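By convention here, the first residue in the shown sequence is residue 1. We count ligands from 1, going down the list as the structure has it; atoms in each ligand are counted the same way. Header entry for method reads X-ray crystallography, 1.7 Å.
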Amino acid sequence: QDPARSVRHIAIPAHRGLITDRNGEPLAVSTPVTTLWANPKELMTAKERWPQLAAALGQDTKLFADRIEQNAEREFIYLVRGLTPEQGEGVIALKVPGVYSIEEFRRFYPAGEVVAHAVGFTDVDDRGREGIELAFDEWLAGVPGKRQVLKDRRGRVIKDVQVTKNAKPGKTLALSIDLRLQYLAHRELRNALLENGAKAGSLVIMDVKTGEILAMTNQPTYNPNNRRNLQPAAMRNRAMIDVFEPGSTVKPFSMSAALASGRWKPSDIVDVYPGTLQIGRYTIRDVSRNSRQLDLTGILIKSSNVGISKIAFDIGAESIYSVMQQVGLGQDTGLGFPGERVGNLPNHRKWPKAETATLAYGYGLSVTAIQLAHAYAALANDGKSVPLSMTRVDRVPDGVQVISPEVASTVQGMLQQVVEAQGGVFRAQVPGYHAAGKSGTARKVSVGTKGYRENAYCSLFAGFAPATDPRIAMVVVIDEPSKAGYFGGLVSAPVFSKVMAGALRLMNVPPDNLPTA
Ligand SMILES: CCN1CCN(C(=O)N[C@@H](C(=O)N[C@H](C=O)[C@@H]2N[C@@H](C(=O)O)C(C)(C)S2)c2ccccc2)C(=O)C1=O
């Protein structure tokens, strides 16, 4: 009986779609590779050739011979996947019976580590594994073809009957990222990390008018063309997967809820003396404690938890929760890519006072840097939230009004004072422009469950520019800076300054800090 003939179907591998940046710079490029395979049934008739084949493949003579012997009844085995066509030619040139070529594709990432977390990469089979490669795998992958062949009793092809399905290439995908801004960001987050002996960080740049991610970089990073060094940590797209308590960076949202309540205007006053406020067993504390009356701007400039807490008791936590939720903090109303974390916004039917105050000044919730950037974009875009995109946006979808335009404009001008006023975050100033934002510094949650660590910090700055016609929102998050000065305004705000400056200049944004004309 046995088998004199077989009909089988072998794949025609398809060309995966080019990934570019928003200007057509290649970021992921399908590269011709040569996969060597062999038919053991045919190899078995030419043993005298095996040693020169094993040497060609960098394999021990005996272990190779053992492998072939052990698979003598099979018709297919991989020798090696993914060598260059030049190297596959070197093995093919030996003319060993039963050794064959498949012309395949494998990815190359020309920007390497610079954009590795955003682009992601493919597995051994050329299917998306992380990032864009995975999120847009159906678009990029295309469909492999199918060829019907006739085969004899030892797996040798007698004839190509027909192509049953044509291979169709995957489609080109242009990201929203500008590789020039991405590089700038990369380099400046890298430098600040090193300068501060920090463990990790992220930076996200968004177009506030289009919802586009113009840049997304994290440290540590890795070279996606050589993933031998293997370290899982370095592969984390922290901007999208690592949640943190945003601390004082959410105070502009609490303030938007105050302004919207009917009960507060910027020039109203809060008594924050003596810099602490007891709430049953918990004490709210400010870092600087030489204040009494502060106006609402001043509460943001000095970053008083007490002042923001007293506002929150007056307007109620529900209003603050609603703002945070509407801007996307702890919500799944972002990109929603595979692997992305949502974080968490605590909810209560009856908010106790401690939870009300902590929410208002940014603890008891957890958000990602992308969320925080998107929230800042909505504030900067006169309270309108344009849907997030990682792909180039030619037709901008409709924004949703999440904060009233007047409230958003009032809070903008407060955040510009936070940067520009005496006692403010002067290091966030952007030469040429008016900039606006908010610093944050949060003690990290103690690892073995519990509470907080007195040694370890997350250093934040979030903002936008130009303050008077906003274009760009940006978040800089630096995890465990290790020097004397660890405050957001020392650590993160200068990175904001430099990367915002570069980005506005790259985008030809006209200066708006000009003598009053
Ligand atoms: C729920 C308990 N629990 C947990 C953590 N915790 C907390 O981490 N506190 C930080 C804080 O108060 N940060 C504020 C907003 O981030 C202010 N803004 C900073 C900035 O602008 O850089 C600042 C000027 C350094 S103070 C803090 C305290 C001390 C030093 C640096 C930062 C609390 O307070 C708090 O109650």
Practice item. Specify the chief binding partner of ligand 1 in this model, using its name in UniProt. Key: Peptidoglycan D,D-transpeptidase FtsI
Check your understanding: Can you identify the drug or drug candidate present at ligand 1?
Key -> piperacillin (open form)
Check your understanding: Mind checking whether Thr249 has an N or O less than 3.5 Å away from an N or O of piperacillin (open form)?
Key -> no
**Study point:** Protein contact to atom 8 (O) of piperacillin (open form) [nearest heavy atom, distance to 0.1 Å]
**Key:** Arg443 N, 3.1 Å
Check your understanding: Could an N or O of piperacillin (open form) be found under 3.5 Å from any N or O of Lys251, whether backbone or side chain?
Key -> no
Check your understanding: What part of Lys438 sits under 4.0 Å from piperacillin (open form) if we count only heavy atoms: the side chain, the backbone, both or neither?
Key -> side chain
Check your understanding: What atoms of piperacillin (open form) come closer than 4.0 angstrom to any heavy atom of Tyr361?
Key -> 36 (O)
Review point. Do any nitrogen or oxygen atoms of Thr358 lie less than 3.5 angstrom from nitrogen or oxygen atoms of piperacillin (open form)?
Key: no
Review point. Where is the nearest protein heavy atom to atom 15 (C) of piperacillin (open form): which residue, which atom, and how far?
Key: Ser248 OG, 0.9 Å
Check your understanding: Is there a nitrogen or oxygen of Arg285 sitting under 3.5 Å from a nitrogen or oxygen of piperacillin (open form)?
Key -> no
Review point. Any N or O on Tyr452 sitting closer than 3.5 Å to an N or O of piperacillin (open form)?
Key: no
Practice item. Do me a favour and list the nearest non-hydrogen protein atom to atom 34 (O) of piperacillin (open form) with residue, atom name and distance? Key: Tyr363 CE1, 4.0 Å
Check your understanding: Backbone, side chain, both or neither: what part of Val425 comes under 4.0 angstrom of piperacillin (open form), heavy atoms only?
Key -> neither
Practice item. Using distance alone, determine whether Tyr282 and piperacillin (open form) share an N or O pair under 3.5 Å. Key: yes
Review point. To which protein heavy atom is atom 23 (C) of piperacillin (open form) closest, and what is the distance rounded to 0.1 Å?
Key: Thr441 OG1, 4.3 Å
Review point. Taking only heavy atoms of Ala442, which atoms of piperacillin (open form) are found under 4.0 Å from at least one of them?
Key: 8 (O)
Check your understanding: Any idea which part of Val287 is under 4.0 Å from piperacillin (open form), heavy-atom wise: side chain, backbone, both or neither?
Key -> side chain
Practice item. Give the UniProt active-site residue in chain A with the shortest heavy-atom distance to piperacillin (open form), rounded to 1 Å. Key: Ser248, 1 Å
Check your understanding: Which residues from the surrounding chains have any heavy atom less than 4.0 Å away from piperacillin (open form)?
Key -> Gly247, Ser248, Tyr282, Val287, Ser303, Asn305, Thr358, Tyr361, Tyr363, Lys438, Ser439, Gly440, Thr441, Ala442, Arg443, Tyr452, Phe487, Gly488
N/O pairs closer than 3.5 Å, piperacillin (open form) and protein:
from, atom 1, to, atom 2, distance (Å)
piperacillin (open form), 8 (O), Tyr363, OH, 3.3
piperacillin (open form), 8 (O), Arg443, N, 3.1
piperacillin (open form), 9 (N), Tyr363, OH, 3.3
piperacillin (open form), 12 (O), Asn305, ND2, 2.8
piperacillin (open form), 13 (N), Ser248, OG, 3.3
piperacillin (open form), 13 (N), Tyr363, OH, 3.4
piperacillin (open form), 13 (N), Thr441, O, 3.0
piperacillin (open form), 16 (O), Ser248, N, 2.8
piperacillin (open form), 16 (O), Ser248, OG, 1.9
piperacillin (open form), 16 (O), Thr441, N, 3.2
piperacillin (open form), 16 (O), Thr441, O, 3.3
piperacillin (open form), 18 (N), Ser248, OG, 2.8
piperacillin (open form), 18 (N), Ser303, OG, 3.1
piperacillin (open form), 21 (O), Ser439, OG, 2.8
piperacillin (open form), 22 (O), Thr441, OG1, 2.7
piperacillin (open form), 36 (O), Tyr282, OH, 2.4

